[PDB]
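Start at 1 with the first residue, then count along the sequence. Per the header: X-ray crystallography, 1.6 Å. Both counts, for ligands and for their atoms, begin at 1 and track the order of listing.
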Amino acid sequence: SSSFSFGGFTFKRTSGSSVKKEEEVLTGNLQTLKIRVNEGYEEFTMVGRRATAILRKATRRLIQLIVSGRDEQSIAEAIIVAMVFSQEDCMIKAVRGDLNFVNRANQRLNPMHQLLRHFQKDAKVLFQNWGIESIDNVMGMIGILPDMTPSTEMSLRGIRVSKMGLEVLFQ
Ligand SMILES: O=C(O)[C@H]1[C@H]2CC[C@H](CC2)[C@@H]1Nc1nc(-c2c[nH]c3ncc(F)cc23)ncc1F
Ligand SMILES: O=C(O)[C@H]1[C@H]2CC[C@H](CC2)[C@@H]1Nc1nc(-c2c[nH]c3ncc(F)cc23)ncc1F
């Protein structure tokens, strides 16, 4: 509808709709989180200083992320935000230790920001447990492995790196 900020990226919804439904989820540390799950199919653009992306998602499901970034670190930053934003069970179950993050005032962060801060600290467990898949047509986009190196054979599930800037899909 209108643009919002998450993880250093401006997001804008380009199509679709969702409704919030409260769900209780267990983390990989058996901590209960109360998350307002977005239910529906939606498409987004993401813009950051060093990466842009197209995000297509459904209820707790990253269907596809196409990322264009300056370097491996910048691409990884966009992927992490997209994986948290997806609200996938896979991402919740990749949490290690308990989440009790607070802001500058002593106020507990909301669960989505708990998750974001967690995986922005270290995404290695998230990347290693997300899943990989074989990729075929590499003419327009290539794969990225859990170690953030390129591949023309495999990729993180639903993740592709564009061989071009993304104005063509933003238009
Ligand atoms: O425009 C904004 O509000 C923000 C949001 C969207 C992208 C940046 C980070 C978040 C942006 N802020 C700024 N970007 C930039 C900027 C430099 N090179 C870039 N390349 C791509 C890009 F996209 C933004 C930038 N410079 C100063 C900024 F202040
Ligand atoms: O839901 C919220 O509390 C906030 C915080 C956590 C993620 C977004 C940015 C901060 C969120 N804000 C917004 N989310 C959404 C939104 C649509 N579909 C989604 N699927 C998963 C998700 F996670 C957030 C969304 N749209 C507009 C927003 F403005």
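- Going by contact count, the macromolecule most engaged with ligand 2 is what the PDB entry calls Polymerase basic protein 2.
- According to the PDB, the drug located at ligand 2 is VX-787.
- Distance screen at 4.0 Å: atom 4 (C) of VX-787 (ligand 2) has no protein heavy-atom neighbour inside the cut-off.
- Among protein heavy atoms, atom 8 (C) of VX-787 (ligand 2) sits closest to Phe4 CE1, 3.9 Å.
- Among all protein heavy atoms, the one lying closest to atom 1 (O) of VX-787 (ligand 2) is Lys20 NZ, 3.0 Å.
- Distances shorter than 4.0 angstrom do not occur between any heavy atom of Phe11 and any atom of VX-787 (ligand 2).
- Distances from atom 21 (C) of VX-787 (ligand 2) to the heavy atoms of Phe85, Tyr41, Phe6 put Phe85 nearest.
- For VX-787 (ligand 2), the atoms sitting less than 4.0 Å from at least one non-hydrogen atom of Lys57 are 19 (C), 20 (N), 21 (C), numbered in the order shown with element in parentheses.
- Polar contact with VX-787 (ligand 2): absent for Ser5 (N/O pair, distance under 3.5 Å).
- Among protein heavy atoms, atom 18 (N) of VX-787 (ligand 2) sits closest to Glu42 OE1, 2.7 Å.
- For atom 19 (C) of VX-787 (ligand 2), the nearest non-hydrogen atom from the set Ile35, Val19, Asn38 belongs to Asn38.
- Here the protein heavy atom with the shortest distance to atom 6 (C) of VX-787 (ligand 2) is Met112 CB, 3.6 Å.
- Within the 4.0 Å heavy-atom criterion, the part of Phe44 lying near VX-787 (ligand 2) is the side chain and not the backbone.
- Scanning the protein for heavy atoms near atom 10 (C) of VX-787 (ligand 2), the closest one is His113 CE1, 3.6 Å.
- From the protein, the heavy atom lying nearest to atom 2 (C) of VX-787 (ligand 2) is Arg36 NH1, 3.7 Å.
- Distance check for atom 25 (C) of VX-787 (ligand 2): a protein heavy atom is found below 4.0 Å.
- With a heavy-atom cut-off of 4.0 Å, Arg13 does not touch VX-787 (ligand 2) at all.
- Measured on heavy atoms with a 4.0 Å cut-off, the binding site of VX-787 (ligand 2) is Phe4, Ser5, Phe6, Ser18, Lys20, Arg36, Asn38, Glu42, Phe44, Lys57, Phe85, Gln87, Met112, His113.
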Tabulation required: pairs of a nitrogen or oxygen in VX-787 (ligand 2) and a protein nitrogen or oxygen under 3.5 Å; columns are atom names and distance to 0.1 Å; otherwise 'none'.
residue	atom	partner	partner atom	Å
VX-787 (ligand 2)	1 (O)	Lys20	NZ	3.0
VX-787 (ligand 2)	1 (O)	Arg36	NH1	3.4
VX-787 (ligand 2)	3 (O)	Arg36	NH1	3.3
VX-787 (ligand 2)	18 (N)	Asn38	ND2	3.4
VX-787 (ligand 2)	18 (N)	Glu42	OE1	2.7
VX-787 (ligand 2)	18 (N)	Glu42	OE2	3.4
VX-787 (ligand 2)	20 (N)	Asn38	OD1	3.4
VX-787 (ligand 2)	20 (N)	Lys57	NZ	2.8

